[PDB]
Undergrad: 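Context: structure of zopolrestat in complex with Aldose reductase-related protein 2.
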Amino acid sequence: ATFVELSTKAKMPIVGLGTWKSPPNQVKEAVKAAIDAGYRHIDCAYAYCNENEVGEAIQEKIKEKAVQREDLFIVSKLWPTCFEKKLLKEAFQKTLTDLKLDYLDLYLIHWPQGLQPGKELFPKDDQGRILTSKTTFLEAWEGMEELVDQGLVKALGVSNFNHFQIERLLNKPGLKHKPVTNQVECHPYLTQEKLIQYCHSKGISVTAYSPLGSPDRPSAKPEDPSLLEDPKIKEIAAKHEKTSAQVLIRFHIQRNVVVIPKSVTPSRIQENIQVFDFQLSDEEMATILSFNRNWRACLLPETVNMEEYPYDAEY
Ligand SMILES: NC(=O)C1=CN([C@@H]2O[C@H](COP(=O)(O)OP(=O)(O)OC[C@H]3O[C@@H](n4cnc5c(N)ncnc54)[C@H](OP(=O)(O)O)[C@@H]3O)[C@@H](O)[C@H]2O)C=CC1
Ligand SMILES: O=C(O)Cc1nn(Cc2nc3cc(C(F)(F)F)ccc3s2)c(=O)c2ccccc12
């Protein structure tokens, strides 16, 4: 299907356009090319430093009458340096006014660990240690619930949360709006079977990020795992006359998981959403699921000892 039904009954387009690393100079035309290619969901974030330009694109396509606002599903996230309530309101406003929108369809806690407030996204002492803060995501959640009550955000969600962190949120006393999504890394080398089963059991959808392995991530060592070059994935793509990137995106669609490939190249943006005219067989899905390597593409070793570091839990 072309969407994943959320618990609120809102339909989240299953293929969205990722924007991390897209330069401010190139993201406006890339979002316009994606909307022309049928994309109706754009993943954004205050931390990506390009929301203003993404806003310019949406505003132009709505002004040109190519689509209405309700046809789109815009997602942004709250960076952990802004969990405190006063800072949360200021950050959300910066994200909403940069995007030039009346409301967001989905706002997510970006990472579960609160970081020191300030101008930097990664505050650090002199020895390179990333500075944390004690304000939790539960406190930040209350500020986010207010935005929903103010009609500025339709729904809330979390990102990079393990099941213990989602349980704390679902068990929060006085919880007013449940999370409708948990955005995490997911691809054939990190299949997330237990986390996806847990989220679906709670009525929480999952959005898979870095579906192509994030080849353009900072400091990627060329010898690390390459999903786009894996011959085993190329073989299955050839059986369907599709590319490896199209198989990597169709994989999530067949698990009822939203996926958000990133690209500032119009031909690839088109190629990445031409995944609705074929289906991976049951045997092909089992083979791809067997490629799991519990491999995450972008790690920060300085975050491993943090209190909310999310990767060492079972799921
Ligand atoms: N919540 C979180 O913590 C995180 C969320 N995300 C989100 O997920 C999105 C996607 O993940 P991301 O890490 O960016 O990496 P992706 O796995 O989407 O890969 C992006 C890279 O793949 C290239 N590419 C895209 N399509 C193709 C294709 N068909 N063939 C070959 N190369 C292709 C792009 O090149 P080019 O652009 O030049 O076309 C770019 O270099 C992010 O942009 C962001 O929105 C990502 C990480 C973390
Ligand atoms: O954030 C994006 O969307 C992409 C993203 N991912 N990563 C890897 C990260 N790993 C983390 C781990 C924690 C932790 F919670 F574990 F502490 C906290 C924060 C991070 S950022 C980055 O290093 C990064 C830097 C700038 C802009 C975007 C990103």
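Chain A residue numbers are taken from the PDB entry; in order, the displayed residues are 1-315. Going by what the header records, the deposited coordinates were determined by X-ray crystallography, 1.7 Å. Indexing begins at 1, ligand by ligand and atom by atom, following the structure's order.
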Undergrad: By ligand number or chain letter, where is each copy of zopolrestat?
TA: ligand 2
Undergrad: Is it the side chain, the backbone, both or neither of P310 that has a heavy atom closer than 4.0 Å to zopolrestat?
TA: side chain
Undergrad: Which UniProt-listed substrate-binding residues of chain A does zopolrestat come close to, with any heavy atom under 4.0 Å?
TA: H110
Undergrad: Does zopolrestat have a heavy atom under 4.0 Å from the side chain of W79, from its backbone, from both, or from neither?
TA: side chain
Undergrad: Is zopolrestat less than 4.0 angstrom away from at least one heavy atom of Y209?
TA: no
Undergrad: If you measure from each heavy atom of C298 to zopolrestat, is any distance below 4.0 Å?
TA: yes
Undergrad: Which UniProt NADP(+)-site residues in chain A are within 4.0 Å of zopolrestat on a heavy-atom basis?
TA: none
Undergrad: Given that the side chain starts at C-beta and the backbone is N, CA, C, O, which of these parts of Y48 lies under 4.0 Å from zopolrestat, counting heavy atoms, or is it both or neither?
TA: side chain
Undergrad: Go through zopolrestat atom by atom and flag the ones less than 4.0 Å from a non-hydrogen atom of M306.
TA: 17 (F)
Undergrad: Which zopolrestat atoms, with their elements, are less than 4.0 angstrom from a heavy-atom of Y309?
TA: 16 (F)
Undergrad: Write down the UniProt active-site residue of chain A closest to zopolrestat and its shortest heavy-atom distance, rounded to 1 Å.
TA: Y48, 3 Å
Undergrad: Quick test of your reading of the structure: of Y311, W20, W111, whose heavy atom lies closest to atom 20 (C) of zopolrestat?
TA: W111
Undergrad: Could you tell me the residue and atom name of the protein heavy atom closest to atom 22 (C) of zopolrestat, and the distance to it rounded to 0.1 Å?
TA: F122 CZ, 4.0 Å
Undergrad: Look only at interatomic distance and state if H110 has a nitrogen or oxygen under 3.5 Å from any nitrogen or oxygen of zopolrestat.
TA: yes
Undergrad: Show me which atoms of zopolrestat lie under 4.0 Å from any heavy atom of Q113.
TA: 15 (F), 17 (F)
Undergrad: Looking at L300, which atoms of zopolrestat are within less than 4.0 Å of one of its heavy atoms?
TA: 9 (C), 10 (N), 11 (C), 20 (C), 21 (S), 23 (O)
Undergrad: Given that the side chain starts at C-beta and the backbone is N, CA, C, O, which of these parts of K77 lies under 4.0 Å from zopolrestat, counting heavy atoms, or is it both or neither?
TA: neither
Undergrad: Provide the binding site of zopolrestat at 4.0 Å, counting non-hydrogen atoms only.
TA: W20, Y48, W79, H110, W111, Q113, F122, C298, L300, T303, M306, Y309, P310
Undergrad: Can you pull every nitrogen or oxygen pair between zopolrestat and the protein closer than 3.5 angstrom?
TA:
from: zopolrestat; atom 1: 1 (O); to: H110; atom 2: NE2; distance (Å): 3.1
from: zopolrestat; atom 1: 1 (O); to: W111; atom 2: NE1; distance (Å): 3.0
from: zopolrestat; atom 1: 3 (O); to: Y48; atom 2: OH; distance (Å): 2.6
from: zopolrestat; atom 1: 3 (O); to: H110; atom 2: NE2; distance (Å): 2.8

